[PDB]
Colleague: 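Take a look at this one; I'll ask things after.
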Amino acid sequence: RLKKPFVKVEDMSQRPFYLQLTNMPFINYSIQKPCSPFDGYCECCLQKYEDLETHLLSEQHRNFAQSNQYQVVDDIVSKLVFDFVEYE
Amino acid sequence: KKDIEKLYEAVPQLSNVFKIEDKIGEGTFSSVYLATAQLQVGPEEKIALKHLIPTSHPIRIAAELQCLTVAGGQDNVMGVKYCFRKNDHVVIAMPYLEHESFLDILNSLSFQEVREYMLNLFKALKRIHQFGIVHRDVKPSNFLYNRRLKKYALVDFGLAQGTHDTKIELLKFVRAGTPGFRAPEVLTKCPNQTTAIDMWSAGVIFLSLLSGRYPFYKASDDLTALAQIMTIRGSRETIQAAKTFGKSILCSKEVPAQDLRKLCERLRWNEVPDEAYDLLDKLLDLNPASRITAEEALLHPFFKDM
Ligand SMILES: O=c1[nH]c([C@@H]2CCCN2)nc2c1oc1ccc(Cl)cc12
Ligand SMILES: [Zn+2]
């Protein structure tokens, strides 16, 4: 029932996923080196965004960005040694 | 240029410390910049600054730093000098290592240099695997190679996960790599993914080095890569191995396993030893349980005597 060629993958204990291409991969030796022989979401606000900049500017993000949630980061940082020269 | 300006603005303290020269790397989750700084100890020094995408969960940021602090700075694994934070913007400061593009050196390395590269990659992998770190994004752009100095650094713990008994605490509280370097058990979404997935990746790197082709598996999605893998390692072989990890694979077109020596020679130094292709075969084992480990790889006959 699936048009060929296809690949089908299912978990042996149960949702299948598929590959269907016009041509399956074919190893091309004639193509010159080094060509192949075969030639977002915010973790903080737990939500997918439309535009990165605008999402960072949103009050949802700004609020996380300014919280105490980065304590876990600062905790490791405090253990590191600052060895650069700092200017005013 | 505008990126450099925006970085300074995001982390103002950076302008007190660094002269940021150029952007040297970029991925889904970070940008890496070349910068100059003055050491208190006296020398001026080139620094790599890694600006993590401000959508990273703090635990993800912290786990990457913890990999660098605990496992890094040793055995060809990149370490960390310092880390700068203003709010959601974190910038990791690391030593700069001048390094080749993989495409450039690929077809110009001697065979001895191929074996030195692989040996040094396995040293880095053995080190991280000792801590129970699964890198999950091992590929040439994450393995810095200074040809002239014979220096190596495995980089980028931003996609790492822990083994069940990981020594990196934060990894227990844990993003997809490049399809072309992902193991069959990864491409088929096996819930259990071990350090073996990085050994697969190192085999894909070794496959590029032996065939002179990069990217070897050119694929923008997981199943296309799996289909390409089947044409190299064989559909029946892949289907049999996948059963052992609880995945049923159906393929309409049966394709034979390729002989690795003949494959690499036709794609591509006059007397590559059988040991090289034997090691490749173990790295590209379709069964992750039987796939060679980094420790075992270092003891493989391919590397006598180094
Ligand atoms: O984590 C890194 N990722 C990367 C790349 C770029 C972003 C995705 N991985 N490069 C470096 C990374 O660390 C480095 C330290 C020194 C130098 Cl010269 C380069 C890097
Ligand atoms: Zn957010």
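Chain lettering follows the listing: the opening sequence line is A, and each later line takes the next letter. The numbering of chain A matches the PDB entry: 214-227, 230-254, 294-342, in order. Throughout, chain B uses the PDB entry numbering, with the displayed residues spanning 41-214, 373-466, 535-572 in order. Reckoned from all heavy atoms, side chains included, excluding hydrogens, waters and symmetry mates. When a ligand or atom number is given, it counts from 1 through the structure's own listing order.
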Colleague: Would you mind finding the main macromolecule in contact with ligand 1 and telling me what it's called in UniProt?
Modeller: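 The chain with most contacts is Cell division cycle 7-related protein kinase.
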Colleague: Which option, CPI-0610, XL413, PHA-793887, matches the molecule at ligand 1?
Modeller: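 That's XL413.
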Colleague: Which chains, by letter, have non-hydrogen atoms under 4.0 Å from some atom of XL413?
Modeller: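 Within the heavy-atom cut-off of 4.0 Å: B.
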Colleague: Taking 4.0 angstrom as the limit and counting only heavy atoms of B/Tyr136, give me the atoms of XL413 inside it, by number and element.
Modeller: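 Counting atoms of XL413 from 1, those under 4.0 Å from B/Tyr136 are 18 (Cl).
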Colleague: Using a 4.0 Å cut-off to any heavy atom of B/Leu137, which atoms of XL413 qualify?
Modeller: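 Counting from 1, the qualifying ligand atoms are 18 (Cl).
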Colleague: Please report which non-hydrogen protein atom sits nearest to atom 7 (C) of XL413, along with the residue it belongs to and the distance in Å to one decimal place.
Modeller: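 Ranking protein heavy atoms by distance from atom 7 (C) of XL413, first comes B/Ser70 OG, 3.3 Å.
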Colleague: Taking the minimum heavy-atom distance to atom 19 (C) of XL413, which of B/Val120, B/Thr68, B/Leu184 ranks first?
Modeller: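 The residue whose heavy atom sits nearest atom 19 (C) of XL413 is B/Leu184.
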Colleague: Going by the atom numbers of XL413, which of them fall below 4.0 Å from some non-hydrogen atom of B/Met118?
Modeller: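 That gives atoms 15 (C), 16 (C) of XL413.
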Colleague: Any atoms of XL413 less than 4.0 Å from a non-hydrogen atom of B/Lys90? List them with their elements.
Modeller: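 It comes down to these atoms of XL413: 1 (O), 2 (C), 3 (N).
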Colleague: Can you name the atoms of XL413, numbered from 1 with element, that are less than 4.0 Å from a heavy atom of B/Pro135?
Modeller: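 Selected atoms, number and element: 16 (C).
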Colleague: Among all protein heavy atoms, pick out the one at the shortest distance from atom 12 (C) of XL413; state its residue, atom name and that distance to 0.1 Å.
Modeller: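 Answer for atom 12 (C) of XL413: B/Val195 CB, 3.5 Å.
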Colleague: Relative to XL413, which UniProt active-site residue of chain B is closest, and what is the heavy-atom distance rounded to 1 Å?
Modeller: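 The UniProt active-site residue nearest XL413 by heavy atoms is B/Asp177, 6 Å.
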Colleague: Organism of origin for chain B, per the PDB?
Modeller: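 By the entry, that would be Homo sapiens.
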Colleague: Can you figure out which UniProt domain of chain B lines most of the contact region for XL413?
Modeller: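 UniProt calls that domain Protein kinase.
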Colleague: Which ATP-binding residues that UniProt annotates in chain B are found with a heavy atom under 4.0 Å from XL413?
Modeller: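 I count these UniProt residues with a non-hydrogen atom in range: B/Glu66, B/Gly67, B/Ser70, B/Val72, B/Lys90.
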Colleague: What part of B/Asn182, side chain from CB on, backbone N/CA/C/O, both or neither, has a heavy atom under 4.0 Å from XL413?
Modeller: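 The part of B/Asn182 near XL413 is the side chain, not the backbone.
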Colleague: Just jot down the XL413 atoms closer than 4.0 angstrom to any heavy atom of B/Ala88, in number order.
Modeller: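 In order of numbering, the contacting atoms are 15 (C), 16 (C), 17 (C).
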Colleague: Out of B/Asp177, B/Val72, B/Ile64, whose heavy atom sits nearest atom 4 (C) of XL413?
Modeller: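 Going through B/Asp177, B/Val72, B/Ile64 one by one, B/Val72 has the nearest heavy atom to atom 4 (C) of XL413.
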Colleague: Around XL413, which residues have heavy atoms within 4.0 Å?
Modeller: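 By heavy-atom distance, those residues are B/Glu66, B/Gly67, B/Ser70, B/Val72, B/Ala88, B/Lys90, B/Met118, B/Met134, B/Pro135, B/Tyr136, B/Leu137, B/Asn182, B/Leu184, B/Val195, B/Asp196.
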